[PDB]
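Co-structure: KPT-8602 (bound form) and Exportin-1.
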Amino acid sequence: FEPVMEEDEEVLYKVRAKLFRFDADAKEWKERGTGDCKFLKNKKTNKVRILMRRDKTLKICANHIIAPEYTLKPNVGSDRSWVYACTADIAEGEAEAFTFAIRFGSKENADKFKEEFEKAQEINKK
Amino acid sequence: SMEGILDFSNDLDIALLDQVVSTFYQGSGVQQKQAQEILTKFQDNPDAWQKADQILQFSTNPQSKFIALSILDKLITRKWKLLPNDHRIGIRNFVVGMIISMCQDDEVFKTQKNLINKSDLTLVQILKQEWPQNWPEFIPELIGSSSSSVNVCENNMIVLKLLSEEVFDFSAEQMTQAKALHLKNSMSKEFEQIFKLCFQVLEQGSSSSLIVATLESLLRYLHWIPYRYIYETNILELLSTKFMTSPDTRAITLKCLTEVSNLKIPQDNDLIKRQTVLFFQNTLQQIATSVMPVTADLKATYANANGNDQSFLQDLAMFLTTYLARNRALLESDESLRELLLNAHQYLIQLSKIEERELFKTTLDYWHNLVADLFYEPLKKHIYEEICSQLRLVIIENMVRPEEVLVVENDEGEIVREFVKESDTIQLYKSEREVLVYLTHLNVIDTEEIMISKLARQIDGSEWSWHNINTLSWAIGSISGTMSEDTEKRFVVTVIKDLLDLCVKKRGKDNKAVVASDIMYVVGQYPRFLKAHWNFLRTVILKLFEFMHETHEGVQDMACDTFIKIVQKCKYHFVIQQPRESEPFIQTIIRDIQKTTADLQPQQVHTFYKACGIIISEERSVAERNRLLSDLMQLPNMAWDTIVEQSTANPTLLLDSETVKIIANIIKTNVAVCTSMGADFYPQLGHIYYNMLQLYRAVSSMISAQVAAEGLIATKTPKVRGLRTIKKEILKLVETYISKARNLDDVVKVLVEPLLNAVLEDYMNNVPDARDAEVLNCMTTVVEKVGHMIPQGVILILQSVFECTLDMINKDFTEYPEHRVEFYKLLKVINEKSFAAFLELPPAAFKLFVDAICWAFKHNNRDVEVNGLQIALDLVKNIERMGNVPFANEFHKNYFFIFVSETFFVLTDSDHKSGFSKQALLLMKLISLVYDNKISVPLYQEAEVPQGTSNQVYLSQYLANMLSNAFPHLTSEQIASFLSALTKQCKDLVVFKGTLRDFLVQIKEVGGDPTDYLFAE
Amino acid sequence: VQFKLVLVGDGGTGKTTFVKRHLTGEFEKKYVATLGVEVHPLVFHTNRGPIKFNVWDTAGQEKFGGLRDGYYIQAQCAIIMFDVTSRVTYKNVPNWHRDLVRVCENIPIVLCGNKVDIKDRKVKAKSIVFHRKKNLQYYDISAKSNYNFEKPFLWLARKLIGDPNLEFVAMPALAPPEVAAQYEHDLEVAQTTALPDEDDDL
Ligand SMILES: Nc1nc2c(ncn2[C@@H]2O[C@H](COP(=O)(O)OP(=O)(O)NP(=O)(O)O)[C@@H](O)[C@H]2O)c(=O)[nH]1
Ligand SMILES: NC(=O)[C@@H](Cn1cnc(-c2cc(C(F)(F)F)cc(C(F)(F)F)c2)n1)c1cncnc1
Ligand SMILES: [Cl-]
Ligand SMILES: [Mg+2]
């Protein structure tokens, strides 16, 4: 009787966040996306990356390796944010360079992010 | 190269025009943005209308012709009576000729209806300007040309449709009262001819294109035509039978019948009633046989969204609700109409199951109308018994989440706390509650049986689901107050027991969070039951305390709201000593407050202290209340006492961001308790006040010191923001208490003195970016409550905050938005409670005050705009109250015409239409002062007008001259007629506003008729 | 596949801020009045493939109107915007809708009440009924909080593609690449420029 992108990657850390990009020609921060920021480790290359998507639209507002060259600096106005320079982000097509800032719901999450961020950099050295 | 068309000296190259036009609509990027700018410059050229006939005849692009007609539309609407008569007939001719040409070519008529509709609309603009006085045969000729062709007849229905819209639906705010009445009567006089043409078409017509256009025009006529055209003809039969069968005409016909339905008919005539019954009976018959039977699954049809099904189901709902809300009583007495009445409602039951919020709201509005009538009207509800029973299921099964339920399922299957409040479902929940409460009163046994059985099929798992247990719990909670206490008792008991079984049976962090939130909502919704069952109320509160330790933040946060929600209603049972209890329960709550609130977030702890404050205020034994208060505040006061010892002994602990956070939370706890205790909080305020104001000073010095050492940027740092929070919470605590204080002598003698010493000079001497707008807010409450007792204190407030704040907000309308709003609230309360403070201002500062009021007029921000216009009105009244004294005399000489002209400027600049009413009211008051001779001195200088000329004469000359220069395109007669009408009506606000609106119309065009201002006669 | 969407409404209602949020993710606080119109391509990824909206973000100010209704030609969809803190903007919805459907006789249209994030709401929910007889979809939205900000485009995409089960989907994420004295200047300015809205929950 007859009847009728990320799957190759592991998530090491996940936290809700708001991401900013610095417009130098205007000397102001411009929000880029709010959603879940993930640290994704490729099981074929072992290279960890940040991948962030906006809520509802699920559009990519961050996609880049957590390079060992990077370094998280504080922002003058916040105890729950980190600023750092990114040389190759492909969230909007070709690899552009950006000065990013990312903010979190609490200082507790910001410090945990920094701990996981530095862990990923060590992974990306091997 | 695209800018060539902008040189009008050289001739217009249409080939280049069409390229710029194509580059704008079909192009992209920079080439599109450049053509867009060129096309705007071309259109806005005041000679561009002279290229109209040239473009329309020779252009190979319909968009180029559309833009050519937009240039003509703007010309006809704003400058028609400035042209010589030659161009007025010439423009009329090639507009009529263009319409005729496009209708005779079947291919053009088919493929360029946008360009034809724009041409029709352009023709209608000419009619508004010259019909019928200079074109009396337009309608007779239109009727005649309609027999010559089908395309011409169809297009004539479009012209008549647009004409009816422009005269009746959109004439207000676009033409003067006089001209609107002219075109309404003109069109009304010649309508009987239009109806014949429209009715002949509908009867013998077969061209669906022409039929739809005729029905589309008919829809507009039904807004204003006499009832007799509708009922004294055969047209209701045509609409309700013939045009409902064909889907091409069904949609517009159903909209036509919705407008007929909405009419209030003569309730004495039996034939109008018979006809109203008949077109409904016919319409529902065509639905049942030609579209779908009453059993059809309209939920599934809508979800499928085939063709126009969703639009037809919307129009059907709009038709059934409109007619039945107006005429269902016509169907309720006749036994032979009973089936029709119920079938119509059964379609509504099926429409109410569609998943479409906005459509559900439309039907839910009708159900509320119905059940509210069955609640009062004798002998009606038994008719709808079966309908109401089905409706109880629909409402219960589509209950939206109440504001109190803070848990929700995400896109992962997890139960979590909500990110934001579902603000767009608050109103919908109230509406569902309202209907379901009515349905419960109409048959309480049936509603209980539906809810109990549904809950029984949740236990055994027959229908278990998160969605199903939720809507059910929300429905049970929402009908609180409809049952008898005894029925409610037995009812609630059974609900709790069955819900307590589920939380056991359904394990998992997600399940436990769902059921926990549902029990909280139900229990919190039945205060009456909790009051009568102390032992259960006690168990509930203790279980809420347990949830304050839940790691699930949703449950935890909801336990805190539920607690204060129960307390707001049952507070009295916490303050008395219940039987079998060694002490009032408030004493047990306070004793364990540290353990209970240990795992709570700080703002949740504050809600807890506020809830305790609600209870303590129920005790009217002053000694006992003050005892409870100090017990509640024991922790924040012990933390406070230690901070003061350390800060006053070494002003460098406030550097520690951890200490700043502790201080802020202490102040916030006092704000929370003060909010709910109000006047009873004073003993606790006195314990901290003098030290608290010293902390305000110390914190202030730190902020200033860090701004000076790090720059203005320091105000953005967490340190400084933490220090300013302390200052703002202190201000909020003093504002909160003074706003509820009952002993105002203590406010004056004790509080106000050191308060003003601590805040005012600090505000004045700080840099702008360091000033707290909360200072202004606190001072507003002080002036509101005790300003009449501190005349010298109010003066001190003005000196400190007036000029320096004005300088912050008088360079644009954007910067310092909080200071801007609170500033004008402060001036408002001072002006109405301590006007004397303004009399004491030096002449130069009183001039800044007047400048400050007119500054508020020019804001678009409604918050400061309405206060600006209110201060002006109140200032006018405060002055005339003084009578014939020097200060009042000099006020008028200096500032009367300033207020008249500034009020006029914002009336006429088209950027402040939101405040028209108050602008008009202010202007009417000013004019009425002169025409009642309440200005005692002449408003003019001795040598600018004969000796003894009245202020009335000089006012009319000042305004005539003002408007003449402000609006030079007005004739002297328009201005004179307008002012004559305006001044004659300065005691009639409705008419006065009408005369102003007529003016705002005429200044937008040339050649306005000056007699239009005689309309009010 | 791409569709022309015209966006209309009174000046100040948040049209350009709304579009810009969907383009870059940024929230513009300043109010620069649009001059005439601005065209912005806007792509969404769905289970029915990608869909492109060419958003014609028109001016609301009369004095900046430009071609006015000439912008509406050949539009296939539209959004009518107002401000729930400004009653006049809702009062003018019938005027905007009038000028829109005289050019675009049969197109899916969304009515949007923007700025629901402001607590002193003036156009109450009960008062908003213009969309019923005109077959418009309605949504409370906020470009500031992103409340329902994707609903207008999701609904239009379902009406235009003809699929009521159309859903937004996650665009696939390609592996990023692995990659000098100015980035020390640009970073020092970035750290000393405070982030906006430090009092928000995020
Ligand atoms: N609080 C709040 N403000 C908003 C919101 N959306 C826009 N605004 C603000 O409203 C102001 C005007 O925004 P704008 O997008 O330029 O409006 P517009 O409709 O494009 N005006 P125009 O027709 O002249 O171009 C801006 O300051 C913006 O920050 C919102 O959702 N919430
Ligand atoms: N029995 C269980 O497994 C569950 C069932 N459950 C979930 N919530 C409740 C629950 C909730 C309340 C409330 F008023 F706070 F909402 C009151 C009671 C009471 F008065 F009946 F005790 C029980 N009971 C449970 C979970 N956590 C604490 N106690 C019980
Ligand atoms: Cl924001
Ligand atoms: Mg704009």
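Numbered from 1 within each chain, the chains take letters A, B, ... in sequence-line order. Every number for a ligand or one of its atoms is a count from 1 in the order of the listing. The header says X-ray crystallography, 2.5 Å.
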Mapping of KPT-8602 (bound form) to structure: ligand 2
Other-chain contacts of KPT-8602 (bound form), heavy atoms, cut-off 4.0 Å: B
KPT-8602 (bound form): binding-site residues, heavy-atom cut-off 4.0 Å: B:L500, B:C503, B:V504, B:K512, B:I519, B:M520, B:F536, B:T539, B:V540, B:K543, B:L544, B:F547
Protein heavy-atom partner closest to atom 24 (N) of KPT-8602 (bound form) - residue, atom, separation in Å: B:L500 CD2, 3.5 Å
Which residue and heavy atom of the protein sit nearest atom 18 (C) of KPT-8602 (bound form), plus the separation: B:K543 CG, 3.9 Å
Minimum-distance protein heavy atom relative to atom 3 (O) of KPT-8602 (bound form): B:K512 NZ, 2.9 Å
Closest approach of any protein heavy atom to atom 16 (F) of KPT-8602 (bound form), naming residue and atom: B:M520 CG, 3.2 Å
Atom 26 (C) of KPT-8602 (bound form): nearest protein contact (heavy atom, Å): B:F547 CE2, 4.5 Å
For atom 15 (F) of KPT-8602 (bound form), the protein heavy atom that lies nearest, with its residue and separation: B:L544 CD2, 3.1 Å
Atom 20 (F) of KPT-8602 (bound form): the protein heavy-atom neighbour that sits closest, reported with distance to 0.1 Å: B:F536 CE1, 3.4 Å
Closest approach of any protein heavy atom to atom 4 (C) of KPT-8602 (bound form), naming residue and atom: B:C503 SG, 3.2 Å
Atoms of KPT-8602 (bound form) close to B:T539 [distance to a heavy atom under 4.0 angstrom, numbered from 1]: 20 (F), 22 (F)
